[PDB]
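Istradefylline complexed to Adenosine receptor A2a, as determined in this entry.
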Amino acid sequence: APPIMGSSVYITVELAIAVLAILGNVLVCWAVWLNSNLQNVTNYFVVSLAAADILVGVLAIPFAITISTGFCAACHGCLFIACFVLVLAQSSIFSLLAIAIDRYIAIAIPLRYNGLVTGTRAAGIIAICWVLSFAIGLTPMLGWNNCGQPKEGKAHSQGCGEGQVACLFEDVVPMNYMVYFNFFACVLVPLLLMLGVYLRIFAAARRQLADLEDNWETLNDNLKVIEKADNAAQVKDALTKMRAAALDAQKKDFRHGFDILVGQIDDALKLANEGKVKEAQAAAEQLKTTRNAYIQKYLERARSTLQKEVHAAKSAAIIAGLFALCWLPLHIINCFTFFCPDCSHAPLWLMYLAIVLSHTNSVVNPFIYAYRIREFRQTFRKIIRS
Ligand SMILES: CC(C)CCC[C@@H](C)[C@H]1CC[C@H]2[C@@H]3CC=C4C[C@@H](O)CC[C@]4(C)[C@H]3CC[C@]12C
Ligand SMILES: CC(C)CCC[C@@H](C)[C@H]1CC[C@H]2[C@@H]3CC=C4C[C@@H](O)CC[C@]4(C)[C@H]3CC[C@]12C
Ligand SMILES: CC(C)CCC[C@@H](C)[C@H]1CC[C@H]2[C@@H]3CC=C4C[C@@H](O)CC[C@]4(C)[C@H]3CC[C@]12C
Ligand SMILES: CCn1c(=O)c2c(nc(/C=C/c3ccc(OC)c(OC)c3)n2C)n(CC)c1=O
Ligand SMILES: CCCCCCCC/C=C/CCCCCCCC(=O)O
Ligand SMILES: CCCCCCCC/C=C\CCCCCCCC(=O)O
Ligand code: NA
């Protein structure tokens with residue numbers, strides 16, 4: 001069948017994806033610019049990622065349409081339009097890795113997050129990552145390319161001029177670059193590191209939630225021990241364990257609560273050490289008002305904050321996983337092309353499906369934000385309504 005027919009379908013689909021990638025990610029960037037509740041370091045990387053996806057629509061997809069035609073071009077110009085999308089993917093990888101690391105710092109050392117992770121340092125990291133993304137993605141332009149070995153029979157059949165090639169991705173970009181350097185080193189390894197970071201995030205959250213419930217149970221158990229103690233020494237033992245746990249949980253109304261709690265434990269220990277069991281047990285009962293009025297409120301808020309961090313880390317992990325799902329088919333096909341020269345090449349229709357799927361990744365993030373992050377969803381609604 002005439003190539004222009006299957007080309008027409010591929011090109012129309014690419015153009016539809018480009019429209020949606022631009023619209024959704026412009027909306028992401030507008031939301032962050034407009035809403036101060038969205039202006040945090042994590043979202044500066046979200047914006048960097050949306051900018052990469054805007055440029056997939058504006059540049060990488062027009063470039064992909066162009067290179068599907070095999071038009072006559074100087075080999076190094078052809079290289080640039082072949083490789084620019086690799087810059088954007090690499091930038092996306094760096095942004096996704098930064099987001100994972102940011103959430104890990106927030107869950108593992110929240111007390112030093114704000115002093116360690118600042119907007120100016122984030123903006124510098126983003127600049128560096130964009131520079132490194134150009135260096136990685138345009139590495140074929142530094143000489144790791146097939147321009148030294150042009151397919152002259154294909155160029156002559158297409159009437160190309162002297163020094164020109166039929167501009168085709170696999171004719172100019174070496175597959176050993178695409179497989180070993182781009183895929184294994186620059187994509188797979190960072191995705192695997194991301195997986196490791198998310199595992200550490202969820203394990204740290206699970207451990208901290210378990211510790212909250214353990215400290216609550218230890219407090220209530222030790223209250224029972226005091227209630228059913230039969231000498232002053234048993235009361236002393238349980239209170240000493242209560243006091244060390246209270247200080248461990250201490251590091252306004254909350255600090256007031258902990259101040260009362262530790263003070264009331266000290267009151268009871270003083271009576272216990274004087275051998276006044278009944279007086280110490282009555283003093284320790286006072287702890288129950290402090291537990292009800294203050295400590296339980298601190299516990300629920302800490303649990304709620306941890307649960308919100310788990311939810312936000314799950315949202316970020318979904319984004320990273322969808323990047324992997326959308327890009328892996330094309331990379332896997334490249335592995336078959338490279339490692340199995342006895343295998344027939346994947347058919348053209350499948351090449352174009354895998355390319356289109358990789359571009360679809362630039363559409364999906366605005367939807368994940370809308371469905372999973374209330375502050376985004378509400379700002380989107382306000383932008384759209386107005
Ligand atoms: C600021 C942004 C929008 C600038 C976009 C510039 C783009 C479209 C330019 C920059 C470099 C250009 C390429 C440089 C060299 C060649 C080789 C020539 O034989 C055919 C065209 C081709 C392949 C050009 C295509 C257009 C091109 C990719
Ligand atoms: C979960 C997602 C990431 C997995 C996607 C796996 C896809 C990309 C795999 C599964 C089966 C694979 C195909 C199996 C058989 C062949 C025939 C061979 O002559 C060319 C490669 C080709 C055509 C493979 C291309 C890659 C392929 C289509
Ligand atoms: C998902 C994570 C672990 C990375 C993706 C796994 C990749 C690297 C694996 C998945 C299946 C693998 C392919 C399965 C079958 C073949 C055909 C064989 O003649 C050459 C190797 C080749 C082409 C493999 C290359 C590596 C491969 C593409
Ligand atoms: C991930 C980076 N990458 C790629 O890795 C990639 C690719 N296009 C091809 C392959 C295109 C293709 C293969 C064979 C063809 O004809 C036999 C063909 O004709 C249009 C296109 N590959 C391998 N593109 C799209 C521009 C791409 O972005
Ligand atoms: C092709 C990829 C290989 C690139 C290797 C080049 C090395 C680039 C070095 C990384 C820059 C890291 C930080 C440099 C800026 C200094 C920050 C500061 O002033 O505090
Ligand atoms: C929102 C997406 C907007 C896209 C703007 C540009 C639309 C057309 C895309 C690229 C056109 C590619 C031209 C084809 C190359 C020449 C064909 C040939 O010489 O054989
Ligand atoms: Na992306």
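Residue numbers start at 1 and run along the sequence shown. All ligand and atom numbering here is 1-based and tracks the order in the structure. Determination method: X-ray crystallography, 1.9 Å. Reckoned from all heavy atoms, side chains included, excluding hydrogens, waters and symmetry mates.
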Could you list every ligand or chain that corresponds to istradefylline?
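The drug sits at ligand 4.
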Could you identify the single nearest non-hydrogen protein atom to atom 5 (O) of istradefylline and state the distance to 0.1 Å?
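Nearest protein contact, heavy atoms only, for atom 5 (O) of istradefylline is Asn334 ND2, 3.0 Å.
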Do any other ligands or ions come closer than 4.0 Å to istradefylline?
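Closer than 4.0 Å to istradefylline is nothing else.
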At what distance is the nearest protein heavy atom to atom 27 (C) of istradefylline, and which residue and atom is it?
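Protein heavy atom at minimum distance: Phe169 CE1, 3.8 Å.
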Heavy atom of the protein closest to atom 21 (C) of istradefylline (residue, atom name, distance):
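Among all protein heavy atoms, the one nearest atom 21 (C) of istradefylline is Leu348 CD1, 3.9 Å.
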Please state which protein non-hydrogen atom is closest to atom 13 (C) of istradefylline and give its distance, to 0.1 Å?
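Checked against all protein heavy atoms, atom 13 (C) of istradefylline sits closest to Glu170 OE2, 3.6 Å.
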Under-4.0 Å heavy-atom contact between protein and atom 17 (C) of istradefylline
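It does not: no protein heavy atom is found less than 4.0 Å away from atom 17 (C) of istradefylline.
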Of the residues in chain A that UniProt says bind adenosine, which have any non-hydrogen atom under 4.0 Å from istradefylline?
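Going by UniProt and heavy atoms, it's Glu170, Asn334.
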Just to be sure I read this right, does istradefylline sit under 4.0 Å from the backbone of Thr337, its side chain, both, or neither, counting only heavy atoms?
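Contact part for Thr337 vs istradefylline: neither.
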For istradefylline, which transmembrane segments of chain A, in UniProt's N-terminal-first numbering, have a heavy atom under 4.0 Å away?
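UniProt transmembrane segments 2, 3, 5, 6, 7 have a non-hydrogen atom under 4.0 Å.
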For istradefylline, which residues in other chains have any heavy atom nearer than 4.0 Å?
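Heavy atoms within 4.0 Å: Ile67, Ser68, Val85, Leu86, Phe169, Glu170, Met178, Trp327, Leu330, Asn334, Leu348, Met351, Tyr352, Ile355.
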For istradefylline, what N or O to protein N or O distances fall under 3.5 Å?
from	atom 1	to	atom 2	distance (Å)
istradefylline	5 (O)	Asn334	ND2	3.0

